[PDB]
Visitor: 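Encoded as structure tokens, here's the structure I'll be asking about.
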Amino acid sequence: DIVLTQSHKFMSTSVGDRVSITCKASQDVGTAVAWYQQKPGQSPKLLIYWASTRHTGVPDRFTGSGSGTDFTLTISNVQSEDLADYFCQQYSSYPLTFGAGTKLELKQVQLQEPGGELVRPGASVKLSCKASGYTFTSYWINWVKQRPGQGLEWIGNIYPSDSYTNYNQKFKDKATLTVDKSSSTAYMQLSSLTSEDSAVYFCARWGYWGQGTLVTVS
Ligand SMILES: CC1(C)S[C@@H]2[C@H](NC(=O)[C@H](N)c3ccccc3)C(=O)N2[C@H]1C(=O)O
């Protein structure tokens, strides 16, 4: 698997400074790399893709670069609203992997963001991911696990059109992906839950991450 080593877990900066967050792929990943911004209680917002193309709406402050192995995300004049988590994504080959992330800081009320469920150990859970506003069958749906202080993990994806699926070997026996064309809803069923399965589970379309769902196993 391709490991993406992100240069610092924590980065201190100040409003007005220039910042550089880097990711080093352990194998060549071409220019298939994306950078995301994630604020607490929110979901990743795509900033750069194909390593250097700025996504629509993202302010010039952000710039991406690199090809093959060393990727960089630079913010020319850091602003307050920029203080967040940033992580890189590699989509050159399976399993898709992510850099453990970088928290950009200097040195708010949050309620049910996201909502979720508390289930029992050894039990099973089936998470939903309703889609709206676009042709469900035309875009892969990915599922990602996020624990609080660790790096994002990609579970697998599925093409709703024919339900073709890819699994990160690590989740092969824990997750099973399905979709329901009739209600444009993708699902993920986790089996034999342990405290290790407690996390926020996101489903994502290229450029649109869901709000996620908190699965607590107690
Ligand atoms: C080669 C691919 C992996 S890239 C594309 C889409 N990838 C995304 O939606 C997006 N980058 C994404 C968001 C969140 C987590 C992981 C990935 C996806 O899955 N498709 C595959 C395909 O077309 O063969």
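In this chain, residues are counted from 1 in sequence order. Computed from heavy atoms alone, side chains included, the values below leave out hydrogens, waters and symmetry copies. Both ligands and their constituent atoms are indexed starting at 1 by order of listing.
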Visitor: Which candidate among zanamivir, ampicillin, zolpidem, vixotrigine, valacyclovir is located at ligand 1?
Guide: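 Among those options, ampicillin.
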Visitor: To the nearest 0.1 Å, how far is atom 1 (C) of ampicillin from its closest protein heavy atom, and which atom is that?
Guide: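 Answer, as residue, atom name and distance: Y91 O, 4.2 Å.
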Visitor: Within a distance under 4.0 Å of any heavy atom of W140, pick out the atoms of ampicillin and give their elements.
Guide: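 Answer, ordered by atom number: 18 (C), 19 (O), 20 (N), 22 (C), 23 (O), 24 (O).
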Visitor: Short list, please: which atoms of ampicillin are under 4.0 Å from a heavy atom of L96?
Guide: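 Heavy-atom distances to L96 below 4.0 Å select 3 (C), 16 (C), 17 (C).
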Visitor: Using a 4.0 Å heavy-atom cut-off, say whether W209 meets ampicillin through its side chain, its backbone, both or neither.
Guide: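 The part of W209 near ampicillin is the side chain, not the backbone.
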Visitor: At under 4.0 Å between heavy atoms, is it the side chain or the backbone of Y94 that contacts ampicillin, or both, or neither?
Guide: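 For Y94, only side-chain atoms sit under 4.0 Å from ampicillin.
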Visitor: In terms of residue, atom name and distance, what is the protein heavy atom nearest to atom 11 (N) of ampicillin?
Guide: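 I find the closest protein heavy atom is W206 CE3, 2.5 Å.
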Visitor: Check whether any N or O atom of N142, backbone or side chain, sits under 3.5 Å from an N or O atom of ampicillin, and answer yes or no.
Guide: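 Looking only at distances, the answer is yes, because the N/O contact criterion of under 3.5 Å is met.
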Visitor: Under a 4.0 angstrom heavy-atom cut-off, which atoms of ampicillin come close to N157?
Guide: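 Reading through ampicillin atom by atom, the close ones are 19 (O).
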Visitor: Any protein heavy atom under 4.0 Å from atom 5 (C) of ampicillin?
Guide: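 It does not; no protein heavy atom is within 4.0 Å.
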Visitor: Heavy-atom distances under 4.0 Å decide this one: backbone, side chain, both or neither, for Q89 against ampicillin?
Guide: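 Only the side chain of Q89 comes within reach of ampicillin.
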Visitor: Could you help me figure out which residues touch ampicillin at a heavy-atom cut-off of 4.0 Å?
Guide: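 With non-hydrogen atoms counted, the site is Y36, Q89, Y94, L96, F98, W140, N142, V144, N157, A204, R205, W206, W209.
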